[PDB]
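Structural view - homatropine in its complex with Liver carboxylesterase 1.
Naming convention: chains lettered A, B, ... in sequence-line order (proteins, then strands); numbering from 1 in each chain. What you see below is based on every heavy atom in this structure, not just the backbone, and it leaves out hydrogens, waters and symmetry mates. One-based numbering, in listed order, for ligands and for the atoms of each.
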Amino acid sequence: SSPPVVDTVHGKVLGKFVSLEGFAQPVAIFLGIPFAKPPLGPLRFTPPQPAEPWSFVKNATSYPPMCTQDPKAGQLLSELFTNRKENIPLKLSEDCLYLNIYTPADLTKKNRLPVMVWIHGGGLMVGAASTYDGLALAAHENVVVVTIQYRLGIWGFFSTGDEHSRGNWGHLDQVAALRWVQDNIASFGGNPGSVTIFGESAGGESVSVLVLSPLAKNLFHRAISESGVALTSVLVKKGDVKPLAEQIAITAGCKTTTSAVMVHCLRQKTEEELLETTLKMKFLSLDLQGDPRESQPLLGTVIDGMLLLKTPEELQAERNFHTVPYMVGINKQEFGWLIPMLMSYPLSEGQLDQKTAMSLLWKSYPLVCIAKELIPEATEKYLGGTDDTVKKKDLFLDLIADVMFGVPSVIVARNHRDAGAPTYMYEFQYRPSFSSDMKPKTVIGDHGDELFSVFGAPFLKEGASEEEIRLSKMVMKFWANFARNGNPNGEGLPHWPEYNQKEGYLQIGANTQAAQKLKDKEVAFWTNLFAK
Amino acid sequence: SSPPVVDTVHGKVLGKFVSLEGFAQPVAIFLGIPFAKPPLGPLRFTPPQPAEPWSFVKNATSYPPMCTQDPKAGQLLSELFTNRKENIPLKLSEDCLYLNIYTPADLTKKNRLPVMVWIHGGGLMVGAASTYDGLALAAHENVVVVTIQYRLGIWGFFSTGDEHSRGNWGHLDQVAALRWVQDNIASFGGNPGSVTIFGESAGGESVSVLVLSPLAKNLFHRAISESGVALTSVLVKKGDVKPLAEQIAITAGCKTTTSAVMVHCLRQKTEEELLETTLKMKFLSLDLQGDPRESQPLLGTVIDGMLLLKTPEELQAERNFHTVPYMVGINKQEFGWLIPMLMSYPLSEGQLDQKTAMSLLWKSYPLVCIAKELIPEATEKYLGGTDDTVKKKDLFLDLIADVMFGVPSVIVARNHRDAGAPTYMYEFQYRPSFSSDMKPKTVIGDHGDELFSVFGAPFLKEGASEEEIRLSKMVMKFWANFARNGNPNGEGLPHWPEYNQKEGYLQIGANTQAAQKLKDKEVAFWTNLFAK
Amino acid sequence: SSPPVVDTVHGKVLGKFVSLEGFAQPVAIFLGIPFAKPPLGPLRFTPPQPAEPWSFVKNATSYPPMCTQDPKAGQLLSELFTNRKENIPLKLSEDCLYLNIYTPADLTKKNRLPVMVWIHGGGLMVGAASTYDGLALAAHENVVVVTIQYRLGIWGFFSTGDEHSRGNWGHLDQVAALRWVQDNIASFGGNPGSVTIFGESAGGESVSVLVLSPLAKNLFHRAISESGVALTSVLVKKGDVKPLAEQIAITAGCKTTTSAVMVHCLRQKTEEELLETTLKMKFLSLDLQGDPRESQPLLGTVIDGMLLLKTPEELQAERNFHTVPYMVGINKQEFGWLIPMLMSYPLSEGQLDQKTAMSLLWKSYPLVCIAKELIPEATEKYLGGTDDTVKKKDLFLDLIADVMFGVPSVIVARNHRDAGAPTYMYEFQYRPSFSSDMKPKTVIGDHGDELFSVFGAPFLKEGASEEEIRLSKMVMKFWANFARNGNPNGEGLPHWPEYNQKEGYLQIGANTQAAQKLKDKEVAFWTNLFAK
Ligand SMILES: CC(=O)N[C@H]1[C@H]([C@H](O)[C@H](O)CO)O[C@@](O)(C(=O)O)C[C@@H]1O
Ligand SMILES: CC(=O)N[C@H]1[C@H]([C@H](O)[C@H](O)CO)O[C@@](O)(C(=O)O)C[C@@H]1O
Ligand SMILES: CC(=O)N[C@H]1[C@H]([C@H](O)[C@H](O)CO)O[C@@](O)(C(=O)O)C[C@@H]1O
Ligand SMILES: CN1[C@@H]2CC[C@H]1C[C@H](OC(=O)[C@H](O)c1ccccc1)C2
Ligand SMILES: CN1[C@@H]2CC[C@H]1C[C@H](OC(=O)[C@H](O)c1ccccc1)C2
Ligand SMILES: CN1[C@@H]2CC[C@H]1C[C@H](OC(=O)[C@H](O)c1ccccc1)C2
Ligand SMILES: *[C@@H]1O[C@H](CO)[C@@H](O)[C@H](O)[C@H]1NC(C)=O
Ligand SMILES: *[C@@H]1O[C@H](CO)[C@@H](O)[C@H](O)[C@H]1NC(C)=O
Ligand SMILES: *[C@H]1O[C@H](CO)[C@@H](O)[C@H](O)[C@H]1NC(C)=O
Ligand SMILES: [F-]
Ligand SMILES: [F-]
Ligand SMILES: [F-]
């Protein structure tokens, strides 16, 4: 029939139907819907403003650009995380505040299906929404899937520490996309009364941040963090952020007389000029030559006084905030291959010794945040075993993963629980067939592996076994049920214990079964070690 | 006496008194009155905004700049259409939103004289208001004459097809200046309740557009289109305008990743950079090599969705719309010398044959928009007459004139007529003594020839025979009478029948008398041909 | 016990304590508090906009930058006027709208002490607030002292003479600071209901202008003009100013097609570019050859139609406005050494004859504004006496001093008196030990010599004698009493008569006592000569 045409507040939107195998009702897809005014010129380094309305019918049938980022790194991550057959090459632009919608609802009628907003990851430096296709999830579980984008790197996170540039522009874009949904999603057969935000990695941490922010209050009703939370140090800048702002400005060829002078100067810079600055800063690579405490991994989240009134530690410590069902999960080997490879980690010999371990762990300061006085003990706790240099390197990775995702995730889960809100945890342990060739088959539950089950990659790509297909059908149902009742459980699916005092979590993989006290031991150790 | 000082909404304006040979009543003249804020910087490619108010008295005693255009092309047209003796040298600037006023009213007393607002032509690419002196008309028929300006070329008509740059900036200016008139004319002895708009060529097509625009309603009560209407295709863009925008962005050295990207980039360019882009484009000149269907004649009117909700063809269909007295006229030989000479036509030998005719007609695509399979029938219907190559060249010029003005003008008139509103038509056939020395004396009723009678050139220049002086007097009468009563008739003047079903019109010239069915046979042929 | 933290409408401010010998209660100092939004980008050449509120605690413990100016000239004047022991070197920046506060109040309690707002001088081309340390005056007279800054030169006074750039930006900033004081001063223990503005030189003229401006109505309750008033021609521009605008524009490398075009262009220029333009104009210096009337001193105050509705002459002619106690004073030798030296006067021979003098006075047209036909007359009235060139040189200095400050000051005073408001006058006659070596010891009461006494330099620098100390205590007490009651009289002080019909004034110096009719003779004379 005639392409799908939905009416929104700003104007009519045109899309295209896409039927999936085994589903009569085709899925309506809208690509590149603007949810905010293009942040160009004077709007750079400022909160997102509403999108100007249009006079006729807007054709939303073309993938939007991805926010300015390292094009090589961007395309690489996309190819590794995409759930669709062939990766979709994208263009770069500052005009990237768009979102993609996938509704399996029959627009001719009135439907109120649950809405699931996806926040992509990429360390807040790279990524896009187009990378994730929701055609499968939307059909198999009959939910309206929405993928959003937000300013990355300098454009979405540059902060001078004061009012001239508070920061968190990227986080504000997410909040704006959430309001867009509350105001228009009903036009796509989605129930604005039931919105679930979920994201992986930096997207995960973003979810945690939104769950603690007063600005997002009432913009969602359930949240899910996949391998990433607000306690994930590397993504949250604590202390005086001024030194960073100046370092960036100097590189860009700007004076540092005052804050307003820097912001003004940086606004004058071109996109290419700021992309070059980015490349020079080398944000997603382990800095070897230099002091570990001087390596700037990124311009993560900050305490601007708007989105976040104080550090995540401080905020969660209190129990006076709108609580919602929150699902926090991690993978078996978060630091298995993906992250180390991208960051170009030194580990290439396949083995390591205490001395070298403590040497590498040190330079990993901008990631784990371990005082040089805690290096020995930390290394001993994980490598103080077998003489096998090879088995050491493996325990070294588990060492890093526990500090970045493991312990943090569990902590957030505990606090949310104590806050008196429905909490859930899981430990994904599986090795997708879509993995990379360079990835050693001895790795399972790597960073981002759960993505393929979540977005039903086995229903779009080819070569998926019946075992890999069912696993996905299970995850999608678990997720979708949560978006529906704030409870993953359902008929035909194993039992998922709510993370309470017993601290029971679900283990997903070849064999999905419940368990208890995830990393419980690991947490204890670090909680004391970190206490100096 | 002392310089006239009128009080307007945004401040007091100072002018000067000028006396015309024989008239005791001195005419108050104001030059350079702003009717909007200068469309500089971010205000480029945006609607005109109200002008900021001034403190003391503003000297409105100097000619304003003409809108940025091809300085050479603009200077030529100014010297070929000016009715004043010596041609005034103008300056270029994006700061060109001014209007000139000519009032014979006695400012010392309340006066409600009819107001005639003039809209200059020039293919929407060149032109200016200072070119036309309103002294003679204002004094002879006692009416306030107002010449207005509007953004041209890229500045006034650049459109990306969407909300990022809808377009028709130039027409919105025409509207702004009209609202200004309704708000201030009374202070100049003019009656806002009786404003007549009239223009020639592009100024004519503009009147035709305002007559059809829901925004213009109530800003004028009488319309006059001299050689140019909404059906003159060359000036109206249909279909996706996105290609033209992208071609312009590229020529200016801008990326085309998205609409917003283009507009932002172009807004960062200097006036001169856009003027160089203009010259590079080579607009008003016939392209003889390439593809006629791709040739870009100019940047005209589009369907923004604010000024025009749909194409003129569809608009004139409806009856449910406000209607006013409309006078549509054309010249004997619209494609006689002027236009061809300006666009550099291959016509130099002074004759033409059937074979070279069909070829030329095709390259003339951007003007007559005639299919390539229709060329044979069209050429045979006009040139199949005699075997005289010279007559074939003249009958070929009649071909282009009919398609660009003849047929369009009549169709527009018949629609206004059947719409239930007073309509009037005429055909000017005379050769002013103010013609160029380069125009053959055999050309009678060439494009723009009426302008000399309309603006009483015979009373400002020299060499005008009494016969020509007489023609001018009659013309200004009819006009002013039409302005006064929406009817040209008045004792002392030949009778001008209303354009009703008998399709009676007036032939102006040495011998002025009525006739019937103007271009009747012509309209039939062209409507039937295009039907295929 | 802990750094001073104060809450304001815009956010928290953090200062520092500084104790002054003789006072138990340490003074709370706040440096660099923003009272407006940085006048950058499109904000240049526009009214000051409110400052953006900050989220946490802002540290105002660092000296703010001074507005862009001649770095050399700026730093020189600061060392010559500074009352602190060591001159503080400052940075330049368009982001200069800050104010400094010195409060002797105990912020742990509720206090409401009189507020004295200082407006530094420097011909509206240079100067800073930081130059003046309020520590002494604040502690000694128990009053809150506020030092403000305002846009200088082109940035603060560029006028096209119309609505596209009225001018007086620098005066608007001063008014913007006064509003900030009324909204937040109570947080600093200040009494918003008792604000006294005072300034020296261009600061004196500013105060004088604020007294005639409707915009300053109810923003201060007492005024003090030290050596400068609104009748000091040199700082006030009369007549068409457009010619000056164009002159700057061309120098800066801009077009001059229209006013809007000129302002649009200058806004594009970088700080460094406008600064280089400043240095080129040679604003401070004096041209010895050419034509005196073709020179150009500066960009003083203009008649914008906002800040000032008409010339100070016309405005003071009316007794229709808010009348507040006004104190106007001058020094013994206004043109004794300081100004001449800074402009580089050819008086490097210490001698001057009746013929060489008539030449200088003419060349000094932009400073005295005297028709060349009058030069001979005036020159006689002063130098027509002794045949001693050495005395002629001195009498010549008295000539200029009387025309710039002497006569203007008394006239301004008398008019205020006749308006029926409290008036007072004084004449400082002392030679501060904190003078410059290169300064002749025969010069007593040079321009700005009262500043050392007013700001208590004897209590900040070293070597002051018991006499110089006593003088400073007396002056401060006099100023503080005036701020308190609008009357300088108090116990322990001589009697300062009001400026009624007897025209009594105070002779401040080593021997302070009252007198009558200040410059009465000179006032009568000049008024006559100028009557031509
Ligand atoms: C690259 C591209 O095709 N641009 C298209 C854009 C984009 O879809 C939107 O900017 C969101 O991507 O808008 C249209 O689709 C539309 O509204 O009619 C037309 C145009 O073809
Ligand atoms: C370039 C130039 O000379 N500017 C002139 C302008 C123009 O009138 C307006 O810009 C409209 O052109 O304003 C004046 O006339 C005026 O109001 O006193 C002064 C001046 O003569
Ligand atoms: C570069 C500079 O000196 N500016 C400084 C400003 C100024 O103190 C205020 O803006 C008043 O001028 O704020 C800081 O001191 C601060 O709040 O800690 C840090 C910053 O470095
Ligand atoms: C892309 N990798 C390169 C070539 C193949 C693959 C394994 C090898 O890595 C190592 O020896 C590391 O020690 C390592 C890294 C990541 C996971 C396991 C082991 C280096
Ligand atoms: C300067 N002109 C050149 C040589 C003489 C004169 C007429 C001719 O004109 C044309 O071919 C035109 O196409 C034309 C103009 C006007 C009337 C008829 C035909 C070409
Ligand atoms: C260096 N100066 C020389 C010798 C001592 C001192 C004073 C004198 O000049 C004057 O008295 C002039 O009045 C003057 C001219 C220029 C600058 C400052 C003072 C000339
Ligand atoms: C928009 O889509 C419609 C229907 O698919 C099509 O007719 C039109 O050409 C498209 N417009 C664009 C973006 O070219
Ligand atoms: C504020 O000042 C304190 C010291 O007084 C300093 O430690 C801190 O860095 C400043 N705040 C910031 C982050 O600007
Ligand atoms: C405009 O004319 C008036 C009338 O004397 C004059 O005051 C003003 O300066 C003139 N403008 C210019 C810049 O020529
Ligand atoms: F991430
Ligand atoms: F035209
Ligand atoms: F000064």
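- All instances of homatropine are found at ligands 4, 5 and 6.
- Chains touching homatropine (ligand 6) with a heavy atom below 4.0 Å, listed by letter, come to C.
- For homatropine (ligand 6), the residues with heavy atoms nearer than 4.0 Å are C/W337, C/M341, C/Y345, C/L347, C/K393, C/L397.
- As stated in the entry, the source of chain C is Homo sapiens.
- On a heavy-atom basis, rounded to 1 Å, the UniProt active-site residue of chain C that sits closest to homatropine (ligand 6) is C/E334, 10 Å.
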